[PDB]
> 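Okay, here's the structure I mentioned, the one with tozasertib.
Numbers in chain A track the PDB entry; the residues on display, in order, are 568-592, 613-683, 699-876. When a ligand or atom number is given, it counts from 1 through the structure's own listing order. Values reported hereafter were calculated over all heavy atoms of this structure, with side chains retained and with hydrogens, waters and symmetry mates removed.
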Amino acid sequence: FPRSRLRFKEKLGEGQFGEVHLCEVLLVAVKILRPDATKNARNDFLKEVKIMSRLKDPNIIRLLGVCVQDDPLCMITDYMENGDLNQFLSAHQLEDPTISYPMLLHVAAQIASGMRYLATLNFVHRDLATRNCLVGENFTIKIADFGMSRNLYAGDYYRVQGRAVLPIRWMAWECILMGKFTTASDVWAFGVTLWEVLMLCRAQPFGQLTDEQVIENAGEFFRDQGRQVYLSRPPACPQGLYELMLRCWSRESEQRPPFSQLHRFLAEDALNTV
Ligand SMILES: Cc1cc(Nc2cc(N3CCN(C)CC3)nc(Sc3ccc(NC(=O)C4CC4)cc3)n2)[nH]n1
């Protein structure tokens, strides 16, 4: 894509190495690298682009075009009017800017549908959360399949020097203990994400616990002596939906529901629960 065809209007967001801008060509979102981006970051950007080229789904952000011929590299994606899912839900209250319970189901169902698509490709997202989802017009939800280290969500990641930055509060117990990331662990993360949506993003998962306590909690899952703790049922969440969350947090990976079952529950079975 010709970079000259792009007209920059606003800077939406930024990370350690990248910046997202609103651009006119028709609005698109454009991720560009910082002027002080390392060649390491450039290489990561290229890899990121190659991954995105594969993922084509109504509920996955799409790669509309690239500008990699010159520095800094550009990635062009859907512009989503309402920004990220976390910030969107935080600005809303449950219906007595309001959002209804049926809509929350619809939002989660779209996420589930996006993850269902990724599952058929055996693609593991590894960082599913409301902060990595986007909201367009008509409550359209798309999962972001690229990353950016925004300072706003620094507290959502566990940092140790020389280690990978890990979203431990969204990670399955076998993830925390082994670094074992699979589709089954994506399901666990979906459960936490579903919890966020029903909480309307009013609280961080295990928010009153420290990182080390969350890590220790994963050890209690492994041990299985009935001392592990779960995220509590959100006020807006009915028991039946919550039991679904719990199945996502089963100790055994094979006991966690596939995204096909999760989507069916949220899009169909729960329609009678309103
Ligand atoms: C990438 C993308 C971003 C967007 N849309 C938007 C839109 C937006 N604005 C919407 C309009 N109001 C007035 C202000 C906020 N603010 C952000 S702020 C922002 C910046 C980046 C991300 N997402 C990411 O960085 C990827 C890592 C998850 C989310 C929101 N992103 N559409 N497509």
> By the naming in the PDB entry, what macromolecule does tozasertib touch most in this deposit?
Epithelial discoidin domain-containing receptor 1
> Help me out: which residues of chain A, per UniProt ATP-binding annotation, have heavy atoms under 4.0 Å from tozasertib?
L579, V587
> Just wondering: which UniProt active-site residue in chain A comes closest to tozasertib, heavy atoms only, to the nearest 1 Å?
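Rounded to 1 Å with heavy atoms, the UniProt active-site residue is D729, 7 Å.
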> Should you measure from each heavy atom of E668, which atoms of tozasertib turn up under 4.0 Å away?
10 (C), 11 (C)
> Please check whether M750 reaches tozasertib - meaning an N/O of the residue sits under 3.5 Å from an N/O of the ligand, judged on distance alone.
no
> Kindly identify the option in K618, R752, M662, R733 whose heavy atom sits closest to atom 29 (C) of tozasertib.
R752
> Pull out every atom of tozasertib sitting under 4.0 Å from any heavy atom of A616, numbered as shown with elements.
2 (C), 33 (N)
> Out of all atoms in tozasertib, which are within 4.0 Å of some heavy atom of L736? Include the element for each.
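Tozasertib atoms under the 4.0 Å threshold to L736: 1 (C), 2 (C), 29 (C), 33 (N).
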> Most residues of chain A in contact with tozasertib fall within which UniProt domain?
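According to UniProt, mainly Protein kinase.
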> What part of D665, side chain from CB on, backbone N/CA/C/O, both or neither, has a heavy atom under 4.0 Å from tozasertib?
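Near tozasertib, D665 shows its backbone, while the atoms from C-beta on stay back.
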> With a cut-off of 4.0 Å on heavy-atom distances, which residues and nucleotides contact tozasertib?
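The heavy-atom binding site is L579, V587, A616, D665, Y666, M667, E668, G670, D671, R733, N734, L736, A746, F748, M750, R752.
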